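Shown here: saquinavir bound to Protease.
By convention in this document, chain letters (A, B, ...) are assigned in the order of the sequence lines, proteins followed by strands, and residues within each chain are numbered from 1. Start at 1 and go down the list; that is how both ligands and their atoms are numbered.
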Amino acid sequence: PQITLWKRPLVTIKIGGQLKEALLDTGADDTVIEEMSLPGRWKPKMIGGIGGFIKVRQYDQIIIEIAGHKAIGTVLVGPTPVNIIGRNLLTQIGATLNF
Amino acid sequence: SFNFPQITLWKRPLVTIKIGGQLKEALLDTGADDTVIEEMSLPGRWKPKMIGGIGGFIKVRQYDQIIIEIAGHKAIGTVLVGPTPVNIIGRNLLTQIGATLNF
Ligand SMILES: CC(C)(C)NC(=O)[C@@H]1C[C@@H]2CCCC[C@@H]2CN1C[C@@H](O)[C@H](Cc1ccccc1)NC(=O)[C@H](CC(N)=O)NC(=O)c1ccc2ccccc2n1
Ligand SMILES: [Cl-]
Ligand SMILES: [Cl-]
Ligand code: NA
């Protein structure tokens, strides 16, 4: 529960009944997962980053387990090359940046 | 929430940096391998490189051993310069300033 940043801060998450690897990403506003199905309603969204924008599906009130911590929040699903846990869920597991 | 900007990540972890004598705002970014800054002049030689983010790849200029102050902490390391929408401090420099992620 202290993470060095000598390497990418990857953790195991559980989402939609599936285990995935994801990056703990303080530079991301949003949580973005590679294509998968999630239950309930969704709406389209455009999100941007270094290269431009991608279109994703926004699912609200999704439960996720991050390095064994349960949280709930919005999850975006779409063609990201890496699963990223952004600040909307990092706050829910109590993550902090310290220096 | 808690202070800089902030620790608990309820707001973007933005800080002031100083590079080539100029102050800029930048984001502390554990998800970024590299540090990427908007167009500016830096000394010395550079080499080109393509870096990828969420949307695709951009071309940037790699400058090595650049002096940069990050929220008052001195670092000397590699800076990539190019059309990034936000100035990014990545793990190459977060480790120099002793940043850690805790949960
Ligand atoms: C900076 C660089 C070295 C290229 N690294 C990266 O970009 C890696 C690439 C990885 C593979 C692709 C999937 C994401 C990961 C993590 N990212 C870091 C990652 O932290 C990246 C850094 C960043 C921040 C702001 C603007 C641009 C880029 N964040 C993001 O990609 C998130 C995605 C999101 N919507 O949550 N972007 C934002 O949170 C965000 C915020 C403000 C913005 C203003 C204008 C335009 C775009 C903006 N995007
Ligand atoms: Cl949320
Ligand atoms: Cl470096
Ligand atoms: Na929902």
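All instances of saquinavir together account for ligand 1. Other chains having non-hydrogen atoms less than 4.0 Å from saquinavir: A, B. Taking every heavy atom of B/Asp29 and a limit of under 4.0 angstrom, the matching atoms of saquinavir come to 18 (C), 19 (C), 20 (O), 21 (C), 22 (C). Shown in contact with B/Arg12 at under 4.0 Å from a heavy atom are these atoms of saquinavir, numbered in order with element: 41 (C), 42 (C).
Residue contacts with saquinavir for A/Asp29 involve both N, CA, C or O and side-chain atoms from C-beta outward (heavy atoms, distance under 4.0 Å). The closest approach between a heavy atom of B/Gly90 and any atom of saquinavir is not below 4.0 Å.
At a 3.5 angstrom cut-off on N or O pairs, A/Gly48 counts as close to saquinavir. If you check each of A/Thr80, B/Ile89, B/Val86, B/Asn92 against atom 25 (C) of saquinavir, the one with the closest non-hydrogen atom is B/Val86.
Under 4.0 Å from saquinavir lie no other ligands or ions. Each of the following atoms of saquinavir lies closer than 4.0 Å to a heavy atom of A/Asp30: 34 (C), 35 (N), 36 (O).
The PDB records the source of chain A as Human immunodeficiency virus type 1. Of all the heavy atoms of B/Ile51, the ones lying under 4.0 Å from any atom of saquinavir belong exclusively to the side chain. The residue from A/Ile50, B/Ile88, A/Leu24, B/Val60 that puts a heavy atom closest to atom 23 (C) of saquinavir is B/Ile88. Each of the following atoms of saquinavir lies closer than 4.0 Å to a heavy atom of A/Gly49: 27 (C), 31 (O), 47 (C). Heavy-atom contacts of B/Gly31 reach the following atoms of saquinavir: 8 (C), 16 (C), 17 (N), 18 (C) (cutoff under 4.0 Å). Heavy-atom contacts of A/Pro81 reach the following atoms of saquinavir: 12 (C) (cutoff under 4.0 Å).
Only side-chain heavy atoms of B/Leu27 come within less than 4.0 Å of saquinavir; its backbone N, CA, C and O stay farther off.
Note that atom 13 (C) of saquinavir has protein non-hydrogen atoms nearby, at separations under 4.0 angstrom. When non-hydrogen atoms are compared, saquinavir lies under 4.0 Å from the backbone of A/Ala28 as well as from its side chain.
Binding site of saquinavir, heavy atoms within 4.0 Å: A/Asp25, A/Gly27, A/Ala28, A/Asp29, A/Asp30, A/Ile47, A/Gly48, A/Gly49, A/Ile50, A/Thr80, A/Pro81, A/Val82, A/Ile84, B/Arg12, B/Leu27, B/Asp29, B/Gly31, B/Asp34, B/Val36, B/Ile51, B/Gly52, B/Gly53, B/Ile54, B/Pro85, B/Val86, B/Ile88.
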